Asks: 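The structure that follows is given in the form of structure tokens.
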Amino acid sequence: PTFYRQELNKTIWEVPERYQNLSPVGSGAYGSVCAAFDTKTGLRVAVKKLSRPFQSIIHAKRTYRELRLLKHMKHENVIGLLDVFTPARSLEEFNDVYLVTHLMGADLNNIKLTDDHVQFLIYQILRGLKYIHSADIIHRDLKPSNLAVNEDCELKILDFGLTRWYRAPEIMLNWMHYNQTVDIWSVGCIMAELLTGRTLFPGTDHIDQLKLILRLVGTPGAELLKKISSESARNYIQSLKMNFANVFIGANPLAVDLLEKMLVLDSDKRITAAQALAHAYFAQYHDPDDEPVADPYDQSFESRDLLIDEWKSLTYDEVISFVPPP
Ligand SMILES: O=c1ncn2nc(Sc3ccc(F)cc3F)ccc2c1-c1c(Cl)cccc1Cl
Ligand SMILES: CCCCCCCCO[C@@H]1O[C@H](CO)[C@@H](O)[C@H](O)[C@H]1O
């Protein structure tokens with residue numbers, strides 16, 4: 001394919017002629033994104049240029065992790081790859097990676113909604129999340145900026161968009177043994193924000209965050225306190241449930257019920273994505289024959305400590321072996 005090279009905000013962009021009208025959209029810690037017109041399909045696409053993929057072992061592993069993940073994601077409510085490319089002709093000159101996906105045009109942060117909107121948006125997050133969780137993946141950072149949305153309200157989960165507010169309390173306590181329901185806590189927070197037009201737990205730090213959570217959900221019972229190893233955490237928690245019905249007064253009572261089953265302190269007793277999809281609140285959208293699960297996903301590389309050249313070679317193999325969707 002014939003590549004062409006141009007400069008957008010001091011960043012060099014070298015892409016196939018397939019992609020036209022490159023327009024800068026923004027950036028993150030892990031790269032920069034342009035909007036572009038895909039002449040092959042006539043659709044608009046988001047192109048992400050990874051910034052310095054192989055600067056370090058951690059960058060190299062992060063690059064591999066992203067490419068491997070997005071190659072696996074094949075679902076309507078989850079970001080996947082239309083294309084992956086590098087201007088490098090060989091492994092020896094391999095130093096850039098570009099990822100291409102279908103463009104939605106907005107995130108959930110740039111969007112007080114009606115109840116039907118909330119039903120549809122949250123249903124799509126949970127449908128996508130069921131698929132993600134079925135591959136034994138935990139997102140760990142669900143928040144509005146990691147949810148890409150259409151102008152007809154279709155939603156896809158992103159891995160990194162353009163945080164503590166939506167984090168499960170056990171992550172704040174640094175438990176390290178997280179259940180997948182950490183993502184369901186995050187969904188609970190987002191859902192509440194959409195309904196009420198305001199952040200549920202706008203903590204100023206990780207400590208204030210727990211205070212705000214405790215004010216709504218109540219102090220943990222005896223059964224939860226005995227699971228907390230940290231003497232400091234236990235001393236802070238004990239040195240301090242609101243009627244959800246009233247906190248979310250005016251909302252759909254089925255929306256309030258679901259929210260009570262998501263924002264549960266005990267991660268064991270939180271509703272799963274698959275369980276939440278069958279809640280009466282989503283009766284208009286729930287179709288158990290169209291809520292698919294994922295092919296098992298090999299994350300065994302995550303426990304490996306490899307050199308940059310090894311990560312880099314493995315990333316290159318995954319670029320060359322990429323087969324686009326139909
Ligand atoms: O609509 C989008 N669709 C996809 N992405 N992807 C990314 S990152 C990315 C990931 C995988 C790709 F193949 C390519 C990538 F760029 C970032 C934003 C984005 C948007 C978007 C836009 Cl264009 C504007 C405002 C807010 C958002 Cl969430
Ligand atoms: C400040 C509010 C108190 C937070 C209590 C969080 C309880 C989280 O729940 C706990 O999650 C752990 C990690 O997945 C599991 O090991 C436990 O079984 C579970 O009870």
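Count residues from 1 along the sequence. Both backbone and side-chain heavy atoms feed into the values below; hydrogens, waters and symmetry mates do not. Numbering of ligands and ligand atoms starts at 1, following listing order.
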Asks: Mind telling me what drug shows up at ligand 1?
Replies: VX-745
Asks: Write down the macromolecule with more contacts to VX-745 than any other chain, named per UniProt.
Replies: Mitogen-activated protein kinase 14
Asks: For VX-745, which UniProt domain of chain A supplies most of the contacting residues?
Replies: Protein kinase
Asks: Could you identify the single nearest non-hydrogen protein atom to atom 4 (C) of VX-745 and state the distance to 0.1 Å?
Replies: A46 CB, 3.6 Å
Asks: Which active-site residue (per UniProt) in chain A approaches VX-745 most closely, and what is the shortest heavy-atom distance, rounded to 1 Å?
Replies: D159, 4 Å
Asks: Please list the nearest protein heavy atom to atom 2 (C) of VX-745 with its residue and the distance rounded to 0.1 Å.
Replies: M104 N, 3.6 Å
Asks: Tell me which protein heavy atom sits closest to atom 15 (C) of VX-745, plus the residue, atom name and distance to 0.1 Å.
Replies: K48 CB, 3.5 Å
Asks: Can you name the atoms of VX-745, numbered from 1 with element, that are less than 4.0 Å from a heavy atom of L99?
Replies: 12 (C), 13 (F), 14 (C)
Asks: Checking contacts here: is it the side chain or the backbone of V33 that comes within 4.0 Å of VX-745, counting heavy atoms only? Could be both or neither.
Replies: side chain
Asks: State the atoms of VX-745, each with its element, that fall below the 4.0 Å cut-off from a heavy-atom position in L81.
Replies: 13 (F)
Asks: Report, in ascending order of atom number, the atoms of VX-745 lying under 4.0 Å from any heavy atom of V100.
Replies: 13 (F)
Asks: So is there a nitrogen or oxygen of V25 less than 3.5 Å from a nitrogen or oxygen in VX-745?
Replies: no
Asks: Below 4.0 angstrom from a heavy atom of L70, which VX-745 atoms are there? Numbered from 1 as shown, please.
Replies: 11 (C)
Asks: Taking 4.0 Å as the limit for heavy-atom contacts, which would you say applies to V149 with VX-745: side chain only, backbone only, both, or neither?
Replies: neither
Asks: What do you see: which UniProt ATP-binding residues in chain A have a non-hydrogen atom under 4.0 Å from VX-745, if any?
Replies: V25, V33, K48
Asks: Hey, quick one: what organism does the entry say chain A comes from?
Replies: Homo sapiens
Asks: Look at VX-745 and say whether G105 reaches it with a heavy atom at a distance under 4.0 Å.
Replies: yes
Asks: Which residues does the binding site of VX-745 contain at 4.0 Å, with heavy atoms considered?
Replies: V25, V33, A46, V47, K48, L70, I79, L81, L99, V100, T101, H102, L103, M104, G105, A106, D107, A148, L158, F160, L162
